[PDB]
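Input: a single structure, listed below in structure tokens.
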Amino acid sequence: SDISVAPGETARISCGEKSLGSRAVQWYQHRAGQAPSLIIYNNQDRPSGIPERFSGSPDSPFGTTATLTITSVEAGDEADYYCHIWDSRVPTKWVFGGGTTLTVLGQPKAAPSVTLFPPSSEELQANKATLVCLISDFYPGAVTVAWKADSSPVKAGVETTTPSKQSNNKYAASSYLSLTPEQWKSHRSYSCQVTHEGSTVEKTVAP
Amino acid sequence: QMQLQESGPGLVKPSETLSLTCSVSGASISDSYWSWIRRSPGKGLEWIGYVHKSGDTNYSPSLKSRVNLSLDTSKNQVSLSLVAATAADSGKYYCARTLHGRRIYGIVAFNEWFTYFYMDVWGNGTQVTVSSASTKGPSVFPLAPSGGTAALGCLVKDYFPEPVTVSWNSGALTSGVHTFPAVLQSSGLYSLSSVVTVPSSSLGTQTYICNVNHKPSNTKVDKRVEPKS
Ligand SMILES: CC(=O)N[C@@H]1[C@@H](O)[C@H](O)[C@@H](CO)O[C@H]1O
């Protein structure tokens, strides 16, 4: 079950069922926007490059659970953590266990960088129109986006992504407003309002 | 040093065969085992099977004998075939160099040891979607630029399925590039934007082209984007 720890404390993740025989448990780290990487093998051996502050458990005594332990937790430790358990008394396991997310509390807030583009001459020439609102490098990841035709709120025609965590632990998102060229030109301007952590940024474009 | 580039059709019709290929450089395919893992939308990782030059090869029984892993020494490639594609076969597929170890917990002669596997080098994986729906290439549009910097980009509109790649100036421009995760439209089609933050002073002098590739539809497009009137 997911966990959140403050920097410089330690996290423990427990994966799989209790052992029966001897084991050789591997641990995998899957950072956001990255391929998974091996961080522990043969219970507690470390590929070169993995800091000592990552540790797996012994397979003695039996009947215990594979537990990954990270001390001196830091922002970069935010990832999903799986295990691959091999047990001398159990048939080989093909699905990875775990996937527990580690949230590192107390990272600094980052305000969204918001960029609003009007529809292009080419798109308008293809008798279509799309406002493009880009929202990047913000933390925490919760955001809400509202569109305005002049001063009237617009919900119809809007497609807004779910925020996705980047490699640098910040989030990105984007929102689209589909117009007809005639609608785009009818209101005097359009606005993209992004609200994040009690602040609302407004970007505006006009024909 | 070692790099794994897995490639596939990026669309497969139900009850048809999925064929994926993993290109290897920096390493000989003969020196180790090779695995495929598939992550489904959301979380989870499923080890699909592993292959070796000596032919020590096994497969997850959950895949109901539908998969084949092979090696081509001349092309230094690993192959994955997935017969009878179903919706539950979608997701991102990883190629990964797999190494073996030996857990010896007792007396060897009494067989008191087993072989385990770990996967130390993973590729970035390739997206696979199962659907009777037809591929649609994206339409690409320029997003012209207006603190001492300017943002310009490309709109990649109405494509299916994922994924598309965006490079700038043929790869030469990566500093300050943000390619945004696609939006899934209620139409079932995808869009995405690629934006680059540039020094304002360069708007006239330097040229900016976005290179969009949507392989499933064989769509390759270059869009030149410059400031407008
Ligand atoms: C072996 C391999 O594929 N390496 C690439 C790496 O070159 C690239 O910079 C990175 C982007 O996150 O994606 C990895 O998958």
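First the proteins, then the strands, lettered A, B, ... as listed; each starts at 1.
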(message) Can you tell me what they call the drug at chains A and B?
(response) PGT121
(message) Could you check what the entry lists chain A as?
(response) Fab light chain
(message) I keep forgetting - what does the PDB call chain B?
(response) Fab heavy chain
